[PDB]
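In this PDB entry you will find pamidronate.
Going down the sequence lines, the chains are called A, B, C, and so on. For chain A, we keep the numbers from the PDB entry: what you see runs 9-30, 35-350, in order. Numbering of chain B is taken from the PDB entry, so the residues present carry the numbers 9-30, 35-350, in order. When a ligand or atom number is given, it counts from 1 through the structure's own listing order.
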2 protein chains.
Amino acid sequence: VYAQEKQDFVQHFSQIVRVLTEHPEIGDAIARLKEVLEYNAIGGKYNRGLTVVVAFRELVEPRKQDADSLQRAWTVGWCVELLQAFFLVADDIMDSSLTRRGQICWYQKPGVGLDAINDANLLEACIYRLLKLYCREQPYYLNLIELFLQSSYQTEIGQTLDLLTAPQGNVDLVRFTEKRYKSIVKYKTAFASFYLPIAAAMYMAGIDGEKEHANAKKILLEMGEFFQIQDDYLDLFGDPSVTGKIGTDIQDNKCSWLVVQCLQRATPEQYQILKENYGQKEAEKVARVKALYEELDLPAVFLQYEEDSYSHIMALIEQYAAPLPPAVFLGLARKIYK
Amino acid sequence: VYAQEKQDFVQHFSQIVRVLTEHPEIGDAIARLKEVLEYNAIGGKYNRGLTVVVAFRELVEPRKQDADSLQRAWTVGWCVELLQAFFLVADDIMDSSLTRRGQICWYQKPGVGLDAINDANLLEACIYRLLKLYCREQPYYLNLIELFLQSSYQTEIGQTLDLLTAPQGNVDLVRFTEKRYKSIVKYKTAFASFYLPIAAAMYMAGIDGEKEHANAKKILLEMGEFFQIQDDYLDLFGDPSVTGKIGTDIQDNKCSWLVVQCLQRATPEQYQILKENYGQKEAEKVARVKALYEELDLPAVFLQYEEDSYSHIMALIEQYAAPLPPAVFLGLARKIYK
Ligand SMILES: NCCC(O)(P(=O)(O)O)P(=O)(O)O
Ligand SMILES: NCCC(O)(P(=O)(O)O)P(=O)(O)O
Ligand SMILES: [Mg+2]
Ligand SMILES: [Mg+2]
Ligand SMILES: [Mg+2]
Ligand SMILES: [Mg+2]
Ligand SMILES: [Mg+2]
Ligand SMILES: [Mg+2]
């Protein structure tokens, strides 16, 4: 059912690679592009890319869903997956991460290293190549170009706020507030992970109205915040065999949802333990932070937050879904809430 | 004269920064964006950015050069400078460079490091922000967006070929051929440094014809090749007080014009010296390579190549300038040939 939706989307990847890797001496760069694409855009759940396709099929009249229109829909879905790949290749370098999607991070691969910086930019370039190849004659062409560009700018502003609040070797507990946290996740995750795929399908369906996009945004940016909060919870308490990646938030001095909650509940003694042990590479210091989170019942605080968040997002769907089919937002809510 | 053209272009930078750095909690990210912009887009000769303005003034009828049209011209000129800044911030990381434009490389700055990866992407994002803010209602809007996107993709393919031919710790003398060299520079430099600013002004002047852009390209890509050959010559034989940067091509195992010329002229003994000493960090090995280049009269070979190249580019101007004013290409030829 959901795995069959997944299978149909994945089966289009081979064609995406062929169209992108189709001049001889430059063939070595194209062979490297193929390796970058295969290593990084394949191995995930493809939820963002699939959201484009599922939303498109639910927003466009079935008699208008011809072979070429569906081809454009899974191409844009794959552009969303490429945008995620570009950001994650770079994010893994800047966060000093080890693994991603069950394998070593592209930059950690022997023979890759900081050449991954240019590889990340190539993934970004592939989006606009695919949009030109498949959507240049469509009335929503410029809307899609501007949407991917604006989503990248917002993510990058978010990444800047994330990195500025997490300086290496500096105590930044005073800056780990709820207000700072909400602004970081709004920009670094909410815009590109949730608004982008639904907005892309909306534009392809000819739904270009400011009011409709603003209403969809009201639901989706709140869903984006939950998704990042769950990502911060899983960084420490998730199973790496399930998440496919090793957590680094504590070592990286990140303004995680966990540290924000810790500081709101900590006694003066607990604050001192957090101050002495946070943002450092020493395994025993990281372990001390985890023990403090468990002492403050942060896993239980997360489960209560997830319940309260799900009800809030469902209340936002009742308020702002119209005139779009509620199934567009309910499908996405089912996939992110566990 | 040329310094007054330069001064007028530089005086618009303060407005570019204000428009880009104009939401409070996110203010810290905006303050970082301002620091990235001031450190990296200021300190150069601004030749690419000025080329847009000079070409625009020479291609557009003076009665059509109103205040708003000129404002759009120096804004696009600054978008070209931003594109260069994005690529150079990243290139300095991947080439392990120390200095640029007379100061330490942005990534080498204490407190910056690999966060410069996101800073480079922010510079790239600023191009499309400025194009939307100043050119969205112009008929050449999409032509400019697609031109900057295509120029970035070609540069990135070029950067891939550059990095693949220069593996760290691997002997790659067999791959340092004239054919490989010509393909690397065509993509990594020629397209974005020479075709882009003239094409941008051409589109702003309403010159959008395939034939006209192809003719301009025939001159400009050849000029781009010369510029990269001079860049490779200056990497070793240039004065860092004049170039503003320290050479790393020998240490980085790069397919430089110098090593290509060395291999074409080397005796079996000289080839062995090059093989033992190229692509390594040891100062005495780098010195041994430089001595071999001087023994093979490569500085004299470069001066003869520069003379032969200047005559060839001037012959290309006589063939392909029409119907554009030859001054458009002659101005650029004067600034790059020393
Ligand atoms: N949002 C980008 C990637 C992350 O979610 P990830 O946990 O590295 O996948 P981050 O926590 O670095 O923000
Ligand atoms: N073209 C990009 C930058 C260079 O010219 P630069 O010498 O680093 O300025 P490269 O030699 O790395 O190609
Ligand atoms: Mg990360
Ligand atoms: Mg991160
Ligand atoms: Mg995370
Ligand atoms: Mg360099
Ligand atoms: Mg380089
Ligand atoms: Mg160089």
Place of pamidronate in the structure, all copies:
ligands 1 and 2
Name the main binding partner of pamidronate (ligand 1) here according to UniProt.
Farnesyl pyrophosphate synthase
Tell me which other chains have a heavy atom under 4.0 Å from pamidronate (ligand 1).
A
Under 4.0 Å to a heavy atom of A:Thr201 - the qualifying atoms of pamidronate (ligand 1), by number:
1 (N)
Atom indices of pamidronate (ligand 1), in the order listed, that fall short of 4.0 Å to a heavy atom of A:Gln240
1 (N), 5 (O), 11 (O), 13 (O)
Using a strict 4.0 Å cut-off to heavy atoms of A:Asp103, name the atoms of pamidronate (ligand 1) that fall inside it.
3 (C), 8 (O), 12 (O)
Close-contact set for pamidronate (ligand 1) against A:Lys200 heavy atoms, below 4.0 Å:
10 (P), 11 (O), 13 (O)
Atom 12 (O) of pamidronate (ligand 1) - nearest protein heavy atom and its distance
A:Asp107 OD2, 2.7 Å
Which UniProt-listed dimethylallyl diphosphate binders in chain A sit within 4.0 Å of pamidronate (ligand 1) (heavy-atom distance)?
A:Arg112, A:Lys200, A:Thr201, A:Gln240, A:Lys257
What do you see: which UniProt Mg(2+)-binding residues in chain A have a non-hydrogen atom under 4.0 Å from pamidronate (ligand 1), if any?
A:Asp103, A:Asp107
Which organism does the PDB annotate as the origin of chain A?
Homo sapiens
Can you name the atoms of pamidronate (ligand 1), numbered from 1 with element, that are less than 4.0 Å from a heavy atom of A:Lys257?
6 (P), 7 (O), 9 (O)
Can you list, by chain and number, the residues with heavy atoms within 4.0 Å of pamidronate (ligand 1)?
A:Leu100, A:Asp103, A:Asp107, A:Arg112, A:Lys200, A:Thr201, A:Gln240, A:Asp243, A:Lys257
